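Shown here: cyclothiazide bound to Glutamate receptor 2.
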Amino acid sequence: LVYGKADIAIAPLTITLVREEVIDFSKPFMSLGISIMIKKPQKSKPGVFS
Amino acid sequence: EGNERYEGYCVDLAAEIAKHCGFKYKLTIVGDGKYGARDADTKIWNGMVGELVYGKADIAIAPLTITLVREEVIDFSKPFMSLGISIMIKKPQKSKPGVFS
Amino acid sequence: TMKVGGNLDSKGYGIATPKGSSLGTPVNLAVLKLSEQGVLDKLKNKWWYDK
Amino acid sequence: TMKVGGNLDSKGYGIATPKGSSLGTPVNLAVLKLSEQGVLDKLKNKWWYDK
Amino acid sequence: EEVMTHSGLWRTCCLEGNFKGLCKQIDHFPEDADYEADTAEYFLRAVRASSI
Ligand SMILES: *[C@@]1(Cl)=[C]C2=C([C]=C1S([N])(=O)=O)S(=O)(=O)[N][C]([C]1[C][C]3[C][C]1[C]=[C]3)[N]2
Ligand SMILES: NS(=O)(=O)c1cc2c(cc1Cl)N[C@H]([C@H]1C[C@H]3C=C[C@@H]1C3)NS2(=O)=O
Ligand SMILES: N[C@@H](CCC(=O)O)C(=O)O
């Protein structure tokens, strides 16, 4: 964007201060937040003879 | 007087906006007590959008929702708090457990 | 009073100016410089959840 | 794999134009019309929940 | 406002109030958010509504 190679960005481009310095962001179209991902910790199943 | 008469989230955020931009600020109350829409016939914008169109204030700091028909006539910042339209009812009593509980 | 259900859409509040007011860009850069330091959530806590 | 906790903070995706582009106002008058007409929400649904 | 109530079946009365020896006839009544019509209540309520 900033060095003229592309006329517009439509992507998961996070609005930040350090980016609005050099490009103009529209009003956000989708909210989000940072979050942690891990392996699913064994959502278990009882036995028939539990 | 001044601004200390008013307390609230928008008063805190107005103080932060002032502290960043360096200007002083004076909190004032919209004269008609409305957020603002444009009339069907006279097309007059009422509310704070009216106040802004008629140059009453350089800035608006209130629960004013970013909306397209307002972006036609005024500019809004990035959202400082998000939301959605929702439903308010009077809650029922916590139910007593059923006779056959 | 009590909430039910989800929300019918999603929107937000924006600081508004008369069109072409010189404050528009430093206000936008302020709102970013605040949210990038958690100030907007800290203030939301102070007025919703700490009350 | 599974989530834990909530959000850590606020961030957002916006449509970004090079500074001063003539796209910058029609893009916003488009996005805000998509929000006020509910098109973004079925664009989210069609990818996160239908699929 | 409020009293030490002394409540019976077909009536309710009171003592040690701002006046004494005045008693109220018993009845039944809907409340806020209704929930008097709740069948598990309404069964009991329609029974309590009478000395049956
Ligand atoms: C936060 Cl912390 C920050 C922002 C929003 C919401 C929250 S929260 N988790 O509800 O308290 S917002 O309403 O989505 N508006 C955003 C803008 C800031 C910035 C531009 C937009 C997105 C980045 N901040
Ligand atoms: N449901 S969602 O996360 O995909 C989502 C979230 C948001 C949407 C639209 C959608 Cl579909 N629009 C709002 C913007 C629209 C206009 C009004 C507020 C901003 C400007 N931002 S938002 O509140 O962050
Ligand atoms: N969407 C992020 C990249 C992905 C991430 O950090 O989760 C950004 O615009 O920088």
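Labels below follow one simple rule: chain letters A, B, ... track the order of the sequence lines, proteins then strands, and each chain is numbered from 1. Heads up: this isn't the whole entry, just a piece of it, and contacts are only counted within that piece. Remember, it's 1-based here, ligands and their atoms both numbered in the order they're listed. When reading the values below, keep in mind they use all heavy atoms of this one structure, side chains included, and skip hydrogens, waters and symmetry mates.
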TODO: Provide the full list of ligands or chains belonging to cyclothiazide.
DONE: ligands 1 and 2
Task: Heavy-atom contacts under 4.0 Å with cyclothiazide (ligand 2), by chain - done: A, B, C, D
